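Co-structure: 4-methylumbelliferone and Carminomycin 4-O-methyltransferase DnrK.
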2 protein chains.
Amino acid sequence: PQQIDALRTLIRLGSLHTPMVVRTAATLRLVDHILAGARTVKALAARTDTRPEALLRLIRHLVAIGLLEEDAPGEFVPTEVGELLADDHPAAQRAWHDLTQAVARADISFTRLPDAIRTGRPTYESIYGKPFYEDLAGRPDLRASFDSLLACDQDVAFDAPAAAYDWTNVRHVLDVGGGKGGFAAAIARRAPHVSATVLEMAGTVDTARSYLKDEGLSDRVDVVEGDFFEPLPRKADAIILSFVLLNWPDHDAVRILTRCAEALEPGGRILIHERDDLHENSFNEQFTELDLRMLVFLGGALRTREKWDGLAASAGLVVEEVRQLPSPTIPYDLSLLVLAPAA
Amino acid sequence: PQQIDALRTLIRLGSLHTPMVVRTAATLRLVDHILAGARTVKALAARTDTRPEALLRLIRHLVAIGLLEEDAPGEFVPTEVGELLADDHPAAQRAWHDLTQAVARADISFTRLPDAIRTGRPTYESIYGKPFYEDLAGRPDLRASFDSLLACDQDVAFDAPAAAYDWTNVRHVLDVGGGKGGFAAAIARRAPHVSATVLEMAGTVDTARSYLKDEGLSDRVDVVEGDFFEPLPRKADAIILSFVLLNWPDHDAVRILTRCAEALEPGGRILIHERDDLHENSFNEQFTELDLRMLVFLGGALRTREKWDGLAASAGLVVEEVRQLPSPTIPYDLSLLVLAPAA
Ligand SMILES: Nc1ncnc2c1ncn2[C@@H]1O[C@H](CSCC[C@H](N)C(=O)O)[C@@H](O)[C@H]1O
Ligand SMILES: Nc1ncnc2c1ncn2[C@@H]1O[C@H](CSCC[C@H](N)C(=O)O)[C@@H](O)[C@H]1O
Ligand SMILES: Cc1cc(=O)oc2cc(O)ccc12
Ligand SMILES: Cc1cc(=O)oc2cc(O)ccc12
């Protein structure tokens, strides 16, 4: 028959057990345990304290989808795909699929995706009892997990956007929602004359300060606890919004942008580090995974290039320049948008 | 880079939003509405009462994964894969992905798959408040949805297993857990001398009786409400277990098989309609989807050919014959296992 391939494709795409099998394997650290020598069901069950027959049934699906393969009778090893769940693999896919860590936990919000399409509003609170950042505020362990997921490569992940801007006429930088300070730190190393301030929430400010202390940068990058919907704590020649605005619906993103514009020194610029696909180029899996996560986690949104033009104008700004940022590590297209005050 | 394809494969397999996007589209009947003429976001939002920008964001992922394509600017149509979500397509994939119907609703149990691997026990009750069949018993609408999902092709789905057995020396058939009576009805049509009894739960017995009345078979197939862990209501030359034993862990499946053996007339046989892959042949997506659903819904299990040999022996039975059943419609390998009393 001719629709057999189509039927197989639809069933795979619609399968909820397959991603949960991947995330279960990640959460149980199965691939790590296999690499450390536990190749049989009976050894792996003892290492994970799972029930042996139930673990075999999980492993069977892991083989079926090509993450594991049966080497010898009853002995399993990771494939090239499965090896990506090793804890120290540079793409960090084990942690990003670990159900006890903040993002895969938040992905359970997708079980109520019909509600989010009807309302345009997040479903996270309906599952976990508080909106996303309030939940993180009440669970410092999840706050720390989220911060480390985003900041994993922060020793070098922010080098490209910091190198993509000319800091010669910048004296003070304000990184609004600046995470653990990785972006501020990368700017400080590249532009030694610059002083920087990180504005962040409780909890995150402490690991930011602690990170900057380890880096020897406390004298050049300070950390302020605060709320970026309130007046910003100081003015700056460059104000950074790195993976901030996508957390927020249009009206909140305009309020944040407005606060930033109000805090700009003369000649200053606002720097947005995010995606900016043209609408025509946005029908791709990288854009939609992040965009739909922002919907169900937060009620935020990724913005196409067209929408950035509109959002800037609403905040009194113009898009002066968009710099494409190289990710020759793993292809994830990101941009640095440079916004200036409108005429 | 060389691990780009591997990384892409892992991320797709681990994506929870993609199957929820498919199920959301199925639940909103999006493909039906498109085929009826609503091709734009603005028309489809009004037909589904969703928020237009949020619906566009869903559609974007549906295009990205190849269920929809943008025909004209802002107009979307289903692909060959997407057309399978039309409500009347014979593979019934819309209903099987509809979150308001019993199976896709039960698939939310997979969000707690780590618990099921640790315990070997279902997670359905922890989500919905009662174990699977008790939940169906308290929600007659879900009971009816489940019964119709399984019985969809019952006018012809049971023709092959009914044709695969020689009914010449059978006088009475008992179909234990016989659903809406489709299998009993197919036997009655092929073997007019046979009389049959369907044993089923509350609710299901009424739609079974109603189905058999529509078929003109009330005089030949009767329906008894009861519990197949209790003594069976009568003896039979052939006792049918069609998609029953996989609902149950080994010790419960032995109890059901034992009840059946105790009710067999001399010379009688027990007929099992299920999968029976050799363990070596079971590392495939058809086996694992059903097997893992039985785990999280019910604590049941699919049994490999080796396990059937063991289960039969535990119940005092031998596997006399296994007949492979043709499904040239869509390839789903099923078998008819014929069990006889052990020597
Ligand atoms: N009202 C608020 N005031 C200040 N910071 C906030 C805030 N709401 C959210 N945030 C911060 O916004 C950040 C978005 S995550 C991005 C972190 C970092 N800029 C990076 O690129 O990786 C979070 O760290 C969160 O703590
Ligand atoms: N304790 C019990 N006693 C009798 N029937 C039961 C039962 N527990 C579950 N069942 C029935 O077992 C059936 C399994 S579903 C299979 C239905 C049908 N034989 C078919 O092949 O499609 C359900 O219809 C359910 O109502
Ligand atoms: C880059 C990226 C990918 C993703 O899948 O989820 C995210 C969530 C965030 O809060 C910030 C960034 C990302
Ligand atoms: C044949 C089949 C496929 C599936 O995916 O789920 C099922 C669930 C049941 O209770 C009975 C049969 C099936």
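Note: chain IDs run A, B, ... matching the order in which the sequence lines appear. We're sticking with the PDB entry numbering for chain A, so the shown stretch reads 11-353, in order. Numbering, chain B: per the PDB entry, residues 11-353 in sequence. Both ligands and their constituent atoms are indexed starting at 1 by order of listing. Only this structure's heavy atoms are used, side chains among them; waters, hydrogens and symmetry mates stay out.
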Which components of the model should be assigned to 4-methylumbelliferone? ligands 3 and 4
Any idea which other chains come under 4.0 Å from 4-methylumbelliferone (ligand 3), counting heavy atoms? A
Heavy-atom contacts of 4-methylumbelliferone (ligand 3) within 4.0 Å: A/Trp106, A/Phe156, A/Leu160, A/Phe253, A/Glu299, A/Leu300, A/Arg303, A/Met304, A/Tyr342
S-adenosyl-L-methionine binders in chain A (UniProt) with heavy atoms under 4.0 Å from 4-methylumbelliferone (ligand 3): none
Contacting atoms of 4-methylumbelliferone (ligand 3), where contact means under 4.0 angstrom from a heavy atom of A/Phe156: 10 (O)
Entry-listed organism of chain A: Streptomyces peucetius
Atoms in 4-methylumbelliferone (ligand 3) with a heavy atom of A/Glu299 nearer than 4.0 Å: 5 (O)
Numbering the atoms of 4-methylumbelliferone (ligand 3) from 1, which are under 4.0 Å from a heavy atom of A/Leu160? 9 (C), 11 (C)
Hey, is 4-methylumbelliferone (ligand 3) close enough to A/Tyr342 that some N/O pair sits below 3.5 Å? no
Which residues that UniProt lists as binding substrate in chain A have a heavy atom under 4.0 Å from 4-methylumbelliferone (ligand 3)? A/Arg303
Where is the nearest protein heavy atom to atom 4 (C) of 4-methylumbelliferone (ligand 3): which residue, which atom, and how far? A/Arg303 NH1, 3.6 Å
Starting from atom 8 (C) of 4-methylumbelliferone (ligand 3), which protein heavy atom do you reach first, and at what distance in Å? A/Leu300 CD1, 3.8 Å
